[PDB]
Protein chains: 4
Amino acid sequence: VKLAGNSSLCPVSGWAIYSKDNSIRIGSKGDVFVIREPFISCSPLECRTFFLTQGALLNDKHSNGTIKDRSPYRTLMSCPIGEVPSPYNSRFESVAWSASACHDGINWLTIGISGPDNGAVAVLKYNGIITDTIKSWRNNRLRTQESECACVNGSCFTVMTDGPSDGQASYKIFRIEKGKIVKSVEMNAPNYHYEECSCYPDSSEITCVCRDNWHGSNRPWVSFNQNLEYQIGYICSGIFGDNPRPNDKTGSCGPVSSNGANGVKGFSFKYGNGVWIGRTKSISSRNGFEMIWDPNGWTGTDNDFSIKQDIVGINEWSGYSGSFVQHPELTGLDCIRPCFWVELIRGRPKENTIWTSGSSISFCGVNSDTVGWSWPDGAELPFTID
Amino acid sequence: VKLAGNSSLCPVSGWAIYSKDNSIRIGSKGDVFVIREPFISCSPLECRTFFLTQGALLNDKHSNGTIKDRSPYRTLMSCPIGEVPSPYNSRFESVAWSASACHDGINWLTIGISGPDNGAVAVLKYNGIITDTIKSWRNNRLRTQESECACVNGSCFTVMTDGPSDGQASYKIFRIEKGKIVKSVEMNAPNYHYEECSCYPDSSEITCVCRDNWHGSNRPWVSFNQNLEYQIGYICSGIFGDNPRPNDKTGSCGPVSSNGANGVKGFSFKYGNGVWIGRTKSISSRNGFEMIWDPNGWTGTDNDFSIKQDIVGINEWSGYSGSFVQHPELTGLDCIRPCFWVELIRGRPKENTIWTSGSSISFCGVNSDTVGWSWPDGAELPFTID
Amino acid sequence: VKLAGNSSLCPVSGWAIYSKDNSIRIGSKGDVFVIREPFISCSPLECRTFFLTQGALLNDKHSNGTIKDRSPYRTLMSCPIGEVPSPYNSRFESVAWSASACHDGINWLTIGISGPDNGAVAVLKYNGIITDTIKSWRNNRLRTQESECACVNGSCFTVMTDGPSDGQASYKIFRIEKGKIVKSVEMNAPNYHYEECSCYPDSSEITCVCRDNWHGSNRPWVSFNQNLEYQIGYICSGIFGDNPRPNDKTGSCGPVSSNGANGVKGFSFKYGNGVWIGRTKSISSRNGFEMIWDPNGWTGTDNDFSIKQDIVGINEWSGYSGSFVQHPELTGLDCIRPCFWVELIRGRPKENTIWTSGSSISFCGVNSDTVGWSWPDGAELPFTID
Amino acid sequence: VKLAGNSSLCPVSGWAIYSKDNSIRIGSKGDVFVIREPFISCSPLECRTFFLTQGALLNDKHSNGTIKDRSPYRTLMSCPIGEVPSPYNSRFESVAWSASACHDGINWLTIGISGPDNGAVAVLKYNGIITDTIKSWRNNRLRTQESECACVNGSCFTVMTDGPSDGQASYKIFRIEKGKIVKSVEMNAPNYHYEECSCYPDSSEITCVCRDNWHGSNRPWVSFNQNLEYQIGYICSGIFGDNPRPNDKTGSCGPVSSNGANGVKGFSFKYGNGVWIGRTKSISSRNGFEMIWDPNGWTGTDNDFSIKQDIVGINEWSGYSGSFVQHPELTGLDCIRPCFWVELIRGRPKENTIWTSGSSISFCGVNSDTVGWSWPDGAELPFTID
Ligand SMILES: CC(=O)N[C@H]1[C@H]([C@H](O)[C@H](O)CO)OC(C(=O)O)=C[C@@H]1NC(=N)N
Ligand SMILES: CC(=O)N[C@H]1[C@H]([C@H](O)[C@H](O)CO)OC(C(=O)O)=C[C@@H]1NC(=N)N
Ligand SMILES: CC(=O)N[C@H]1[C@H]([C@H](O)[C@H](O)CO)OC(C(=O)O)=C[C@@H]1NC(=N)N
Ligand SMILES: CC(=O)N[C@H]1[C@H]([C@H](O)[C@H](O)CO)OC(C(=O)O)=C[C@@H]1NC(=N)N
Ligand SMILES: *[C@@H]1O[C@H](CO)[C@@H](O)[C@H](O)[C@H]1NC(C)=O
Ligand SMILES: *[C@@H]1O[C@H](CO)[C@@H](O)[C@H](O)[C@H]1NC(C)=O
Ligand SMILES: *[C@@H]1O[C@H](CO)[C@@H](O)[C@H](O)[C@H]1NC(C)=O
Ligand SMILES: *[C@@H]1O[C@H](CO)[C@@H](O)[C@H](O)[C@H]1NC(C)=O
Ligand SMILES: *[C@@H]1O[C@H](CO)[C@@H](O)[C@H](O)[C@H]1NC(C)=O
Ligand SMILES: *[C@@H]1O[C@H](CO)[C@@H](O)[C@H](O)[C@H]1NC(C)=O
Ligand SMILES: *[C@@H]1O[C@H](CO)[C@@H](O)[C@H](O)[C@H]1NC(C)=O
Ligand SMILES: *[C@@H]1O[C@H](CO)[C@@H](O)[C@H](O)[C@H]1NC(C)=O
Ligand SMILES: *[C@H]1O[C@H](CO)[C@@H](O)[C@H](O)[C@H]1NC(C)=O
Ligand SMILES: *[C@H]1O[C@H](CO)[C@@H](O)[C@H](O)[C@H]1NC(C)=O
Ligand SMILES: *[C@H]1O[C@H](CO)[C@@H](O)[C@H](O)[C@H]1NC(C)=O
Ligand SMILES: *[C@H]1O[C@H](CO)[C@@H](O)[C@H](O)[C@H]1NC(C)=O
Ligand SMILES: [Ca+2]
Ligand SMILES: [Ca+2]
Ligand SMILES: [Ca+2]
Ligand SMILES: [Ca+2]
């Protein structure tokens with residue numbers, strides 16, 4: 001049966017640890033894929049870990065130069081949550097160097113972008129069967145969420161970006177039914193920059209928190225209903241969400257130009273005028289991670305918060321993060337549960353190796369007692385292959 | 001429920017990438033079978049990758065001399081599409097150095113040919129249970145499709161060849177029900193040569209595009225109905241389909257003797273008087289791959305085409321190719337979807353190794369935007385074992 | 001359907017061997033997790049082996065320093081009984097350095113304790129979904145059974161400990177329904193010490209046999225009904241159950257202070273005034289294992305027994321042991337079958353390696369002919385990595 | 001539904017190849033169990049390969065001294081037919097150095113014998129749950145079929161042996177229902193020797209062809225009905241079935257004392273007064289294998305045959321062989337199909353290695369065209385570990 005998506009988000013006071021795979025530690029001897037850009041998505045029965053492979057195993061010579069973002073060898077694959085991405089336990093999804101996946105209640109939807117940087121094609125699959133296609137319309141690295149898409153009342157929604165990563169680009173919202181695109185709208189967003197959106201369903205509508213790689217150290221957001229009537233803006237909080245970023249001063253409801261160039265994929269959960277910000281602890285590199293509750297952060301511009309929860313220590317490597325949700329028809333709850341994952345990147349450019357990969361931790365939002373701690377990657381680099 | 005097979009082929013303007021396994025790259029460290037002659041076939045539930053193993057793993061000493069075509073150690077096995085052929089994730093099918101497989105809607109049919117070159121026996125299995133047998137009738141390397149068989153209204157059809165590979169041989173069409181041969185007809189084809197046919201269902205009838213190893217650089221074809229009433233001929237197009245071949249001149253509706261000796265397994269889709277030819281880019285070796293749409297290529301002899309789509313680059317290794325189809329009762333579409341796979345051969349005779357193996361890419365025919373690119377094997381030879 | 005848990009324990013005269021995984025022997029070359037604290041639990045369909053990983057494989061550098069009890073890399077995972085804990089065949093359960101699991105008849109309940117030693121959090125999952133949480137209330141290493149919990153008429157029960165391991169601590173019994181804590185009671189037990197309880201259902205009530213790490217070489221027990229009305233005491237037998245321990249003299253119904261400090265996790269089955277004691281053969285280290293039937297051992301203090309069955313030889317390594325049960329709705333029997341497992345620890349501190357791990361054997365209680373023997377670990381240390 | 005077992009054996013003129021695993025060749029690099037005594041058994045859904053592990057992998061140090069027959073580390077495990085016995089794809093069955101397994105139509109029955117040579121215990125499991133037990137009654141290596149048991153109308157039947165292997169021993173037939181022994185009869189067989197019986201169902205009755213290790217180069221047989229009313233005798237054929245054996249002279253209906261000491265496990269199918277003998281090609285060692293049809297071999301004593309089919313070449317290693325059957329409710333046929341497997345032993349005592357193991361081939365009896373050939377093991381010894 002289709003996921004309704006009409007209920008609100010569950011009240012959350014803390015984040016309980018859900019999964020840890022230990023990919024790089026196990027990959028030291030085991031047959032584990034060299035991956036990056038992992039994300040979690042749930043069906044009514046199970047939650048799966050999606051990831052973009054480099055078509056190579058850890059501690060093997062083919063992992064050479066895997067800092068490279070896009071190649072013909074990259075494939076989207078999935079394994080059960082908390083397990084290592086192995087050739088022996090992973091399910092093939094698509095050929096992709098950029099990806100998105102979600103379950104509507106009946107079947108899996110996957111989106112796999114492959115091809116040249118000037119003509120990339122998104123291949124849409126519903127239950128493993130190709131159902132539609134989208135070509136790059138700006139001929140400049142067609143790219144998508146790198147996290148799960150959002151589904152409401154039988155439709156699934158995604159955001160795609162085409163154009164430069166250091167200037168004004170083109171941003172489109174898609175409405176997809178049974179793997180077929182039924183509607184799409186280009187966003188009227190001058191001076192905005194949307195990339196790698198973390199989108200979640202809330203009260204029959206979708207909220208995406210994205211990455212401004214152009215000139216924003218705070219995060220851009222986009223909200224829309226099923227007809228794709230959207231709103232745009234930035235998170236106003238003085239507690240900035242991207243990386244790199246400045247120190248916490250007064251925030252802006254437009255793009256914070258200071259330390260605005262570059263970025264990292266992230267997420268945030270809106271609760272009225274308040275926001276749950278997940279961010280790196282460091283302001284200059286991808287190190288550490290923390291959940292922060294700013295009761296006025298979504299619309300207000302000050303740098304105040306009432307809750308901080310440690311996830312990864314200041315001196316430990318982190319990386320990508322993203323939102324996922326668990327629906328009522330999975331949990332039995334009457335609200336939509338917010339969860340998140342964190343990618344822990346190891347290797348290049350920061351470490352003296354020939355390779356780049358990442359493992360994953362995940363947390364779910366509860367309304368009971370929790371604790372801050374550091375759950376780092378734990379691998380001892382360099383490897384035999386280095 | 002049985003596959004009907006009464007509908008036409010879906011209109012196709014381009015080919016979207018469906019799967020890539022990265023077998024040789026992963027096999028560098030992982031436990032991956034040394035294979036050749038892979039093919040894809042689909043049930044109403046899933047698509048599987050079939051392959052002929054050499055009974056040995058990559059980067060192991062037992063892969064020595066695996067350029068050899070036929071041995072007692074070769075077995076037909078299958079794994080899910082896009083996954084690596086591993087001993088830990090593959091299903092055993094038959095003991096075979098030549099194979100064919102297809103799903104009638106209810107159960108899998110596999111055909112496995114093993115035995116001596118002068119008395120080979122095809123073992124037919126329906127749902128894993130031996131249901132029939134065929135002995136070599138010319139005592140000269142009984143061989144079959146190396147791709148999937150075609151099924152229409154509860155029957156499945158195959159083509160087998162017995163005799164020389166550089167002269168006139170014997171060619172038989174088989175009709176199989178629930179694993180048992182109910183009818184067979186020898187083809188009256190003097191001056192023709194049929195080997196390794198790629199067969200597909202279309203409007204309650206079967207079209208096979210095969211390999212003329214004798215004296216044909218263009219491809220032979222055979223069409224038949226359920227009663228095995230057949231027609232024979234060659235693809236008339238001036239864009240020649242086999243490898244090795246000449247340059248593109250005026251074609252013939254008989255065998256093109258020029259560069260006619262030897263060959264490679266291939267496929268083609270008939271659309272009225274038009275043909276979708278898949279072929280190597282090189283004319284002298286198994287390198288590159290491209291899809292070409294000749295609107296008049298099936299019956300006309302000129303060398304004109306209106307669409308060319310790149311699949312594998314001119315300098316990159318390719319190999320075998322074959323057709324597969326997805327039926328309406330799998331896709332939900334009202335037509336039969338044409339797809340294809342490409343084997344990418346690495347090692348002997350062209351490379352300085354002790355072994356020979358191949359990985360696989362696959363594409364499905366869509367009527368929306370697509371792109372040409374190169375999706376090569378990607379392995380760095382020689383291996384530690386060499 | 002829910003497990004009733006109203007029937008008695010089956011009469012047992014001997015213990016038949018149920019499973020042996022050979023983890024360390026296979027882990028010498030294979031990809032097997034470095035584990036400790038394994039336990040078995042059964043659903044109405046299957047029995048599974050639960051275990052706490054160190055997030056590393058055997059014979060790999062990441063197994064360095066795995067004598068360490070608690071880390072952020074430890075995860076609770078399960079595989080089918082008798083199989084090796086491998087990344088390729090194991091199911092992820094929780095992030096935990098202390099664990100408990102049980103099936104109520106409908107779904108799995110897992111309890112995973114992770115976090116700092118002064119703020120640890122137990123994460124409760126029902127069918128893989130977080131359903132509740134418990135924080136450390138003494139801020140001193142919140143710890144649980146390391147064996148399966150007990151379930152009766154739709155509820156599941158566990159025991160947790162918080163405080164010192166060489167003095168008076170705090171002990172709580174929990175009643176859990178569908179993953180949610182519905183009732184909890186702190187035990188009024190001055191001069192008692194409860195740790196790592198082996199709990200089993202018997203006649204709609206629960207009996208736990210635990211570990212007194214403080215000052216007891218005999219084992220403490222706690223019995224309770226569904227409303228958590230409990231009784232406390234020690235096993236009176238002169239045949240002492242813990243390790244280290246003294247020689248067999250007259251026992252006490254209170255804690256036997258002699259050789260009382262430290263300990264090991266164990267189990268015992270009450271049959272009226274009689275007890276089935278499972279214990280190490282050695283009195284100073286974790287070596288050997290034996291089942292002993294003392295017809296008066298539960299309430300009487302003498303050192304007499306009528307049955308002794310050998311399990312592991314005196315010179316062979318053992319370790320943890322625990323109870324598990326098989327219910328009527330699994331076996332078809334009209335009573336609850338008692339079974340047990342034994343962890344066989346190899347490596348540090350007793351062996352010259354960089355690592356510590358354990359394999360597992362298991363036995364079930366039958367009322368027919370059996371035999372004593374030694375089923376040791378069988379691995380030849382040190383390993384290549386040492 | 002229960003297997004009826006009332007129908008006759010299918011008429012067989014030849015043997016088509018069913019499976020080949022290539023265990024030792026793949027085990028050279030892959031993680032494959034060191035095994036011996038493999039056998040095949042089928043349920044109404046699938047056929048499985050059962051095998052006795054040594055609790056160690058090939059090309060690992062723990063495979064040292066695996067020529068040893070009985071240890072505490074040996075376990076009975078099963079994997080799907082034609083697949084390699086791997087820790088990642090195998091199901092655990094029992095702890096055993098002697099085994100038997102069969103499916104009654106509803107659930108699997110396994111028999112696992114472990115323990116000391118003077119007190120061994122057979123542990124009976126039905127659907128993975130211990131249901132009964134048998135102790136050694138002669139205190140001299142209690143041993144069983146090493147092949148599948150036979151099932152008729154809801155009961156399953158086995159043969160066990162206790163006593164010396166070079167003199168008169170004790171032989172018992174068991175009738176088992178739902179894992180419980182309901183009847184057993186000791187065979188009145190003075191001057192006979194029964195070991196490692198291959199038993200099959202035929203017309204509501206069971207025929208076992210066994211091994212005379214004492215003084216018989218021809219094979220002993222035992223037939224019985226469901227009430228265990230038995231007949232005993234030897235295969236009269238002048239074509240002797242065991243190994244070692246003499247040359248083919250006139251046979252005896254009693255034990256052929258000439259070259260009678262020692263032996264190997266085998267099988268034979270009775271068809272009236274005729275017999276399908278499977279045997280090694282060599283008369284002094286375990287080399288080669290062949291199927292021979294003697295139309296008068298069961299009751300007549302001459303050395304004539306009308307069909308010989310090659311299976312393994314004279315210079316290639318063989319080993320154990322055994323019968324298996326496929327029932328009507330699996331095949332859809334109205335008769336019981338006879339099949340067989342062959343173990344191909346490699347290593348000690350005949351080869352310069354530290355280990356001993358075996359791979360497996362299997363054939364099923366068809367009434368259509370077949371071929372003789374050699375399907376050897378194919379591994380190149382010694383291994384890196386030697
Ligand atoms: C499609 C693509 O190449 N996306 C890039 C991403 C991107 O370049 C930035 O957002 C700027 O546009 O950068 C990063 C990154 O780690 O910052 C990795 C992503 N790699 C992959 N998704 N494979
Ligand atoms: C049955 C058999 O040996 N088929 C051969 C095939 C064949 O020799 C040619 O078509 C000429 O007859 O050649 C090739 C080839 O790569 O050209 C591989 C096939 N190998 C395997 N299918 N194993
Ligand atoms: C939670 C925790 O650290 N438990 C410890 C346990 C414990 O220290 C003693 O019972 C004393 O309190 O000791 C041992 C032990 O081998 O004795 C291992 C356990 N390790 C793990 N369960 N990981
Ligand atoms: C139970 C047992 O040890 N059975 C032995 C078997 C036996 O010794 C002979 O039949 C003589 O009694 O010999 C052989 C053999 O290869 O000849 C292997 C078997 N090994 C195993 N089944 N593990
Ligand atoms: C969710 O959908 C159901 C079924 O349509 C309906 O009962 C309910 O109103 C929706 N939830 C909310 C919170 O409106
Ligand atoms: C990686 O690639 C670089 C250059 O492409 C080369 O110099 C180096 O040797 C490679 N390293 C390995 C381990 O293959
Ligand atoms: C396919 O078979 C169905 C059922 O027999 C029938 O409705 C239809 O006519 C067939 N399709 C075509 C295109 O004729
Ligand atoms: C492969 O075989 C050839 C001859 O058969 C031999 O000379 C060579 O050493 C072998 N190579 C390996 C790696 O086993
Ligand atoms: C077990 O529960 C069933 C169903 O409620 C009941 O028949 C029975 O009384 C209980 N068993 C015992 C031993 O009381
Ligand atoms: C283990 O760690 C110690 C110190 O932490 C170090 O000296 C040693 O080299 C390590 N051993 C291995 C095999 O990594
Ligand atoms: C097999 O059993 C069925 C059902 O009892 C019966 O029809 C038949 O007589 C039996 N088969 C034979 C060959 O007697
Ligand atoms: C095997 O064992 C023997 C003696 O038990 C020993 O001499 C030899 O070194 C061992 N070999 C290996 C490879 O472990
Ligand atoms: C979509 O589903 C049903 C039927 O189309 C409709 O009643 C429901 O309100 C719609 N979902 C929404 C509005 O989210
Ligand atoms: C075969 O199936 C049915 C019943 O035999 C028949 O009606 C149908 O037309 C046949 N299939 C064809 C002609 O493709
Ligand atoms: C709990 O289950 C049912 C319904 O609540 C009740 O009848 C039964 O007696 C209770 N279980 C017990 C007392 O163990
Ligand atoms: C056993 O099964 C049924 C019911 O007990 C009986 O009718 C049948 O004849 C028996 N099976 C035999 C005789 O093989
Ligand atoms: Ca930015
Ligand atoms: Ca040719
Ligand atoms: Ca103690
Ligand atoms: Ca003999």
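Order of the sequence lines fixes the chain letters, A, B, ..., with proteins taken first and strands second; residue numbering starts at 1 for each chain. Atoms within a ligand are numbered from 1 in the order they appear, just like the ligands themselves. These numbers come from the heavy atoms of this one structure, side chains and all, not from hydrogens, waters or symmetry mates. Determination method: X-ray crystallography, 2.8 Å.
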A.B. asks: Just wondering what drug sits at ligand 3.
C.D. replies: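 Its PDB name is zanamivir.
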A.B. asks: From the contacts in this model, which chain binds zanamivir (ligand 3) most extensively, according to the PDB entry?
C.D. replies: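 Main partner, per contacts: neuraminidase.
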A.B. asks: Are any other chains within heavy-atom reach of zanamivir (ligand 3) at under 4.0 Å, and if so which?
C.D. replies: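 Within the heavy-atom cut-off of 4.0 Å: C.
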A.B. asks: By chain and residue number, what forms the binding site of zanamivir (ligand 3) with heavy atoms closer than 4.0 Å?
C.D. replies: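 Heavy-atom contacts: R36(C), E37(C), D69(C), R70(C), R74(C), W97(C), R143(C), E146(C), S165(C), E195(C), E196(C), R211(C), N213(C), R286(C), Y320(C).
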A.B. asks: Give the source organism of chain C as listed in the PDB entry.
C.D. replies: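 The organism in the entry is Influenza a virus (a/netherlands/2631/2010(h1n1)).
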